Peer 1: 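Quick one: structure below, then a few questions.
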Amino acid sequence: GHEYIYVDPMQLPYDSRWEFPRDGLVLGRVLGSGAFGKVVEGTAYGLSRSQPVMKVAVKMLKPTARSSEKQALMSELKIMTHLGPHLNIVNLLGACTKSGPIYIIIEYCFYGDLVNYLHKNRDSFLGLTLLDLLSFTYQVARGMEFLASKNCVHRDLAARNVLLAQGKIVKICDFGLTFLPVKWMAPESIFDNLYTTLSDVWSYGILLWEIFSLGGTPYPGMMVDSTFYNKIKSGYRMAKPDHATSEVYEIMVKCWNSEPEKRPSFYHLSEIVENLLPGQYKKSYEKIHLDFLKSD
Ligand SMILES: CC1(COc2ccc3c(c2)ncn3-c2ccc3cccc(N4CCC(N)CC4)c3n2)COC1
(Lines of atoms letter the chains of each structure in order from A; the text may use other names.)
(Lines give C-alpha, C1' and ligand atoms only; values in the text may rest on other atoms or scores of the structure.)
Protein backbone atom coordinates (compact mmCIF):
# COMPACT_ATOMS: atom_id res chain seq x y z
CA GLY A 1 0.00 0.00 0.00
CA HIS A 2 3.05 2.23 -0.38
CA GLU A 3 1.17 2.43 -3.64
CA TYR A 4 -2.05 4.12 -2.65
CA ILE A 5 -1.41 7.60 -1.41
CA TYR A 6 -3.67 10.39 -0.24
CA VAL A 7 -4.15 13.08 -2.86
CA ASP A 8 -3.84 16.30 -0.89
CA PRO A 9 -5.62 19.00 -2.84
CA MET A 10 -3.40 21.77 -1.55
CA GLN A 11 -0.43 20.34 -3.44
CA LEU A 12 -2.09 20.01 -6.82
CA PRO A 13 -1.27 22.87 -9.14
CA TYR A 14 -3.61 25.84 -9.24
CA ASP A 15 -5.95 25.91 -12.22
CA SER A 16 -5.69 29.21 -14.03
CA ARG A 17 -8.92 28.53 -15.82
CA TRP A 18 -10.26 30.26 -12.75
CA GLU A 19 -8.06 33.32 -12.95
CA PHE A 20 -9.96 36.53 -13.63
CA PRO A 21 -8.79 40.03 -14.60
CA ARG A 22 -8.47 42.68 -11.90
CA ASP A 23 -9.74 45.42 -14.26
CA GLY A 24 -12.78 43.13 -14.62
CA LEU A 25 -13.54 43.31 -10.91
CA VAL A 26 -14.87 46.08 -8.65
CA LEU A 27 -14.67 46.00 -4.87
CA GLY A 28 -17.49 47.11 -2.61
CA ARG A 29 -18.82 47.54 0.91
CA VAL A 30 -17.44 45.04 3.39
CA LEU A 31 -19.79 42.19 4.18
CA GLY A 32 -18.00 40.35 6.95
CA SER A 33 -14.73 40.55 8.83
CA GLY A 34 -12.70 37.56 10.00
CA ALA A 35 -9.90 37.72 12.55
CA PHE A 36 -7.78 37.87 9.45
CA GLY A 37 -9.57 37.78 6.10
CA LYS A 38 -12.54 39.85 5.05
CA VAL A 39 -15.32 39.72 2.49
CA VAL A 40 -16.72 42.35 0.24
CA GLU A 41 -19.60 43.08 -2.05
CA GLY A 42 -18.38 42.97 -5.61
CA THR A 43 -19.24 43.56 -9.21
CA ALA A 44 -17.56 41.61 -11.94
CA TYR A 45 -17.65 42.43 -15.59
CA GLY A 46 -17.40 39.59 -18.06
CA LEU A 47 -16.99 36.96 -15.40
CA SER A 48 -19.99 35.04 -16.62
CA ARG A 49 -21.61 34.15 -19.91
CA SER A 50 -24.96 33.95 -18.15
CA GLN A 51 -24.55 37.39 -16.60
CA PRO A 52 -22.34 39.96 -18.31
CA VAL A 53 -22.38 42.02 -15.13
CA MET A 54 -22.97 40.18 -11.88
CA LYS A 55 -22.87 40.69 -8.13
CA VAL A 56 -20.28 38.72 -6.24
CA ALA A 57 -18.46 38.65 -2.95
CA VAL A 58 -14.71 38.56 -2.64
CA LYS A 59 -12.56 37.11 0.07
CA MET A 60 -9.33 38.92 0.73
CA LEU A 61 -6.75 39.03 3.48
CA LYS A 62 -6.82 41.94 5.84
CA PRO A 63 -4.16 44.59 5.28
CA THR A 64 -2.11 43.10 8.10
CA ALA A 65 -1.31 39.94 6.21
CA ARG A 66 1.65 37.83 7.19
CA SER A 67 2.87 35.66 4.32
CA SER A 68 1.66 32.59 6.11
CA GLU A 69 -1.82 34.01 5.91
CA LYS A 70 -1.28 34.42 2.17
CA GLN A 71 -0.79 30.73 1.57
CA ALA A 72 -3.85 29.94 3.61
CA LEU A 73 -5.98 31.76 1.09
CA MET A 74 -4.45 29.90 -1.86
CA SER A 75 -4.97 26.60 -0.10
CA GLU A 76 -8.60 27.44 0.39
CA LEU A 77 -8.84 28.24 -3.28
CA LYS A 78 -7.22 24.91 -4.12
CA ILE A 79 -9.54 23.13 -1.71
CA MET A 80 -12.49 24.92 -3.30
CA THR A 81 -11.58 23.98 -6.86
CA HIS A 82 -11.06 20.38 -5.82
CA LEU A 83 -14.44 20.13 -4.12
CA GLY A 84 -16.35 20.95 -7.26
CA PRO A 85 -19.59 22.86 -7.28
CA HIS A 86 -22.79 22.14 -5.49
CA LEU A 87 -26.04 24.03 -5.22
CA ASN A 88 -26.03 24.43 -1.46
CA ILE A 89 -22.53 25.77 -0.80
CA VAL A 90 -21.22 29.16 -1.80
CA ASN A 91 -19.43 28.36 -5.02
CA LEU A 92 -16.20 29.70 -6.41
CA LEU A 93 -16.60 31.93 -9.42
CA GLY A 94 -13.07 33.17 -10.08
CA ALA A 95 -9.83 34.24 -8.43
CA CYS A 96 -7.07 36.79 -8.93
CA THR A 97 -3.70 35.25 -8.26
CA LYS A 98 -1.06 37.24 -10.12
CA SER A 99 0.69 40.54 -9.61
CA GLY A 100 -1.08 41.45 -6.40
CA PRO A 101 -2.95 40.34 -3.35
CA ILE A 102 -5.15 37.27 -3.71
CA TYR A 103 -8.90 37.59 -4.18
CA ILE A 104 -11.34 34.71 -4.33
CA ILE A 105 -14.61 35.52 -6.02
CA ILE A 106 -17.56 33.81 -4.45
CA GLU A 107 -21.26 33.70 -5.05
CA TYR A 108 -23.34 36.43 -3.51
CA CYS A 109 -26.39 35.64 -1.44
CA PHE A 110 -28.84 38.47 -1.14
CA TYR A 111 -30.43 37.63 2.19
CA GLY A 112 -27.30 36.91 4.19
CA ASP A 113 -26.59 34.57 7.08
CA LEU A 114 -29.53 32.62 8.41
CA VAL A 115 -29.22 34.23 11.83
CA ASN A 116 -30.03 37.74 10.67
CA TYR A 117 -32.71 36.64 8.28
CA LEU A 118 -34.44 34.67 10.98
CA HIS A 119 -34.35 37.56 13.41
CA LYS A 120 -35.86 39.80 10.76
CA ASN A 121 -38.92 37.66 10.17
CA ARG A 122 -39.48 36.51 13.70
CA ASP A 123 -42.50 38.81 13.85
CA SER A 124 -43.65 37.85 10.39
CA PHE A 125 -43.76 34.25 11.52
CA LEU A 126 -47.52 34.36 11.72
CA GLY A 127 -44.64 35.82 6.14
CA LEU A 128 -42.01 33.30 7.18
CA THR A 129 -43.62 29.86 7.54
CA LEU A 130 -42.82 26.43 8.95
CA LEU A 131 -42.25 25.07 5.45
CA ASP A 132 -39.68 27.79 5.05
CA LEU A 133 -37.85 26.41 8.07
CA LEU A 134 -38.17 22.93 6.65
CA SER A 135 -36.87 24.06 3.31
CA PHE A 136 -33.70 25.40 4.91
CA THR A 137 -33.23 22.34 7.07
CA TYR A 138 -33.45 20.15 3.98
CA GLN A 139 -30.88 22.17 2.01
CA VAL A 140 -28.46 22.31 4.93
CA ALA A 141 -28.67 18.54 4.93
CA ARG A 142 -28.18 18.28 1.19
CA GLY A 143 -25.25 20.61 1.19
CA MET A 144 -23.51 18.70 3.93
CA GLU A 145 -24.22 15.34 2.34
CA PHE A 146 -22.29 16.76 -0.61
CA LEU A 147 -19.48 18.00 1.62
CA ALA A 148 -19.03 14.73 3.48
CA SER A 149 -19.07 13.00 0.14
CA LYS A 150 -15.92 14.85 -0.73
CA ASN A 151 -14.52 13.90 2.64
CA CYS A 152 -14.69 17.50 3.73
CA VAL A 153 -15.28 18.33 7.37
CA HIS A 154 -16.64 21.81 7.93
CA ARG A 155 -15.82 22.05 11.63
CA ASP A 156 -17.96 25.10 12.12
CA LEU A 157 -21.41 24.41 10.86
CA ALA A 158 -23.87 26.87 12.24
CA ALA A 159 -26.43 29.44 11.26
CA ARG A 160 -24.08 32.41 10.91
CA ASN A 161 -22.32 30.28 8.25
CA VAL A 162 -25.56 29.26 6.46
CA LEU A 163 -26.36 31.86 3.86
CA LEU A 164 -29.62 32.44 1.98
CA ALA A 165 -29.23 33.40 -1.68
CA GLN A 166 -31.62 34.68 -4.32
CA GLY A 167 -34.38 32.13 -4.70
CA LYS A 168 -34.14 31.33 -0.98
CA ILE A 169 -31.39 28.86 -1.79
CA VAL A 170 -29.25 28.22 1.25
CA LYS A 171 -25.55 28.15 0.74
CA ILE A 172 -23.03 26.99 3.29
CA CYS A 173 -19.58 28.47 3.49
CA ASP A 174 -16.25 28.48 5.14
CA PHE A 175 -15.88 24.80 4.42
CA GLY A 176 -12.31 25.51 3.36
CA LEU A 177 -9.15 25.69 5.41
CA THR A 178 -7.61 29.24 18.88
CA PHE A 179 -11.17 30.09 19.83
CA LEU A 180 -13.73 27.37 19.27
CA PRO A 181 -17.48 27.36 18.69
CA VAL A 182 -18.09 25.38 21.83
CA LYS A 183 -21.83 25.43 21.88
CA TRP A 184 -21.79 23.78 18.44
CA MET A 185 -19.05 21.11 18.86
CA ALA A 186 -19.54 17.38 19.46
CA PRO A 187 -18.13 16.05 22.76
CA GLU A 188 -15.30 14.09 21.10
CA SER A 189 -14.52 17.41 19.43
CA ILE A 190 -14.10 19.15 22.75
CA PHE A 191 -12.73 16.42 24.96
CA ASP A 192 -11.05 14.24 22.33
CA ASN A 193 -10.05 16.71 19.62
CA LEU A 194 -11.79 14.48 17.11
CA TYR A 195 -13.30 16.22 14.16
CA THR A 196 -15.23 14.09 11.74
CA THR A 197 -18.30 13.99 9.56
CA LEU A 198 -20.16 12.45 12.50
CA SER A 199 -19.38 15.51 14.63
CA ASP A 200 -20.66 17.83 11.94
CA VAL A 201 -24.00 16.04 12.32
CA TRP A 202 -23.98 17.23 15.96
CA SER A 203 -23.38 20.80 14.85
CA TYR A 204 -26.24 20.28 12.39
CA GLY A 205 -28.55 19.21 15.20
CA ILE A 206 -27.51 22.42 16.93
CA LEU A 207 -28.24 24.32 13.71
CA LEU A 208 -31.83 23.10 13.69
CA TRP A 209 -32.39 24.28 17.24
CA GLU A 210 -31.06 27.61 15.92
CA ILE A 211 -33.51 27.55 13.03
CA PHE A 212 -36.66 26.45 14.79
CA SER A 213 -36.28 28.74 17.76
CA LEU A 214 -36.13 31.44 15.05
CA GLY A 215 -32.55 32.38 15.81
CA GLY A 216 -31.99 31.47 19.45
CA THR A 217 -28.60 31.35 21.11
CA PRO A 218 -27.71 27.73 21.90
CA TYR A 219 -27.78 26.86 25.60
CA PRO A 220 -29.31 30.17 26.51
CA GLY A 221 -28.49 31.53 29.91
CA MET A 222 -25.73 29.01 30.19
CA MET A 223 -22.20 30.28 30.07
CA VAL A 224 -19.48 27.92 28.96
CA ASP A 225 -17.45 27.04 32.03
CA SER A 226 -16.55 23.99 34.07
CA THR A 227 -20.15 23.16 34.88
CA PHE A 228 -21.12 23.40 31.23
CA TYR A 229 -18.60 20.71 30.33
CA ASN A 230 -19.63 18.55 33.30
CA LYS A 231 -23.16 18.83 31.94
CA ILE A 232 -22.46 17.84 28.36
CA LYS A 233 -20.31 14.88 29.32
CA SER A 234 -23.11 13.68 31.55
CA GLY A 235 -25.46 13.79 28.59
CA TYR A 236 -27.34 17.05 28.95
CA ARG A 237 -29.22 18.18 25.86
CA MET A 238 -31.32 21.19 24.93
CA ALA A 239 -35.09 20.93 25.20
CA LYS A 240 -37.44 21.24 22.28
CA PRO A 241 -37.45 24.61 20.57
CA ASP A 242 -40.81 26.36 20.58
CA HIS A 243 -41.46 26.18 16.86
CA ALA A 244 -40.12 22.73 16.17
CA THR A 245 -42.42 19.81 15.41
CA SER A 246 -42.13 16.67 17.44
CA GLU A 247 -40.87 15.13 14.26
CA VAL A 248 -37.91 17.49 13.90
CA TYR A 249 -36.92 17.43 17.53
CA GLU A 250 -36.50 13.73 17.10
CA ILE A 251 -34.09 14.69 14.37
CA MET A 252 -31.98 16.82 16.69
CA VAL A 253 -31.98 14.28 19.51
CA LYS A 254 -30.68 11.69 17.06
CA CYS A 255 -27.91 14.14 16.06
CA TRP A 256 -26.86 14.42 19.74
CA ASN A 257 -26.24 10.78 20.51
CA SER A 258 -23.24 10.61 22.79
CA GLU A 259 -21.95 7.80 20.50
CA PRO A 260 -20.88 9.17 17.05
CA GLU A 261 -21.57 5.93 15.22
CA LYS A 262 -25.15 6.24 16.37
CA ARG A 263 -25.63 9.67 14.72
CA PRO A 264 -27.40 9.61 11.33
CA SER A 265 -25.66 10.24 8.04
CA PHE A 266 -26.37 13.48 6.21
CA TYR A 267 -27.67 11.31 3.42
CA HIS A 268 -29.90 9.78 5.99
CA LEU A 269 -30.90 13.21 7.26
CA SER A 270 -31.86 14.51 3.82
CA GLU A 271 -34.22 11.53 3.66
CA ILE A 272 -35.83 12.10 7.03
CA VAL A 273 -36.40 15.73 6.17
CA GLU A 274 -37.66 14.93 2.66
CA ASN A 275 -40.60 13.00 4.10
CA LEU A 276 -41.44 16.04 6.20
CA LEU A 277 -41.94 18.09 3.03
CA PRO A 278 -44.56 18.17 0.25
CA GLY A 279 -43.67 16.10 -2.79
CA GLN A 280 -43.79 19.25 -4.93
CA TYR A 281 -40.89 20.75 -2.99
CA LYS A 282 -38.69 17.80 -3.93
CA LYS A 283 -39.74 18.43 -7.54
CA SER A 284 -39.00 22.15 -7.13
CA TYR A 285 -35.58 21.26 -5.68
CA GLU A 286 -34.51 18.96 -8.52
CA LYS A 287 -35.46 21.42 -11.24
CA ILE A 288 -33.47 24.06 -9.42
CA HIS A 289 -30.65 21.60 -9.02
CA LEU A 290 -30.51 20.88 -12.73
CA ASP A 291 -30.71 24.53 -13.62
CA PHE A 292 -27.76 25.38 -11.42
CA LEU A 293 -25.55 22.74 -13.03
CA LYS A 294 -26.65 24.27 -16.36
CA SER A 295 -25.70 27.87 -15.41
CA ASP A 296 -22.81 29.07 -17.61
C1 LIG B 1 -26.02 43.11 2.47
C2 LIG B 1 -26.07 41.72 3.13
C3 LIG B 1 -25.11 40.73 2.49
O4 LIG B 1 -24.95 39.63 3.36
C5 LIG B 1 -24.02 38.75 2.95
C6 LIG B 1 -23.06 38.32 3.84
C7 LIG B 1 -22.12 37.41 3.42
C8 LIG B 1 -22.14 36.97 2.18
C9 LIG B 1 -23.05 37.38 1.32
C10 LIG B 1 -23.99 38.24 1.67
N11 LIG B 1 -22.83 36.76 0.18
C12 LIG B 1 -21.77 35.98 0.33
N13 LIG B 1 -21.36 36.12 1.57
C14 LIG B 1 -20.34 35.48 2.09
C15 LIG B 1 -19.48 34.81 1.27
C16 LIG B 1 -18.42 34.13 1.81
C17 LIG B 1 -18.26 34.16 3.17
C18 LIG B 1 -17.19 33.48 3.71
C19 LIG B 1 -16.99 33.48 5.07
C20 LIG B 1 -17.88 34.15 5.88
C21 LIG B 1 -18.96 34.85 5.35
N22 LIG B 1 -19.79 35.48 6.19
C23 LIG B 1 -19.28 36.08 7.43
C24 LIG B 1 -20.08 37.26 7.87
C25 LIG B 1 -21.53 36.93 7.82
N26 LIG B 1 -21.79 35.71 8.58
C27 LIG B 1 -21.89 36.74 6.40
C28 LIG B 1 -21.23 35.50 5.91
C29 LIG B 1 -19.15 34.84 3.97
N30 LIG B 1 -20.16 35.49 3.40
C31 LIG B 1 -26.13 41.72 4.61
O32 LIG B 1 -27.54 42.02 4.41
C33 LIG B 1 -27.46 41.19 3.23
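We number each residue from 1, following the sequence as shown. So how was this one determined? The header says X-ray crystallography, 3.1 Å. All values below were derived from every heavy atom in this structure, side-chain atoms included, with hydrogens, water molecules and symmetry-related copies excluded. Both counts, for ligands and for their atoms, begin at 1 and track the order of listing.
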Peer 1: Answer with one of crenolanib, fludarabine triphosphate, lotrafiban, radezolid for the drug at ligand 1.
Peer 2: crenolanib
Peer 1: Main binding partner of crenolanib in this structure, as named by the PDB entry?
Peer 2: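 The chief chain, as the PDB entry names it, is Platelet-derived growth factor receptor alpha.
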Peer 1: Define the binding site of crenolanib with a non-hydrogen cut-off of 4.0 Å.
Peer 2: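 Using heavy atoms under 4.0 Å, it comprises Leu31, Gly32, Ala57, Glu107, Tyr108, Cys109, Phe110, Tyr111, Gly112, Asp113, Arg160, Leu163, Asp174.
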Peer 1: How does crenolanib relate to the UniProt ATP site of chain A: which of those residues have a heavy atom under 4.0 Å from it?
Peer 2: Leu31, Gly32
Peer 1: I'd love to know the UniProt active-site residue of chain A closest to crenolanib and how far apart they are by heavy atoms, to 1 Å.
Peer 2: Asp156, 9 Å
Peer 1: To which UniProt domain do the majority of residues of chain A contacting crenolanib belong?
Peer 2: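 UniProt domain: Protein kinase.
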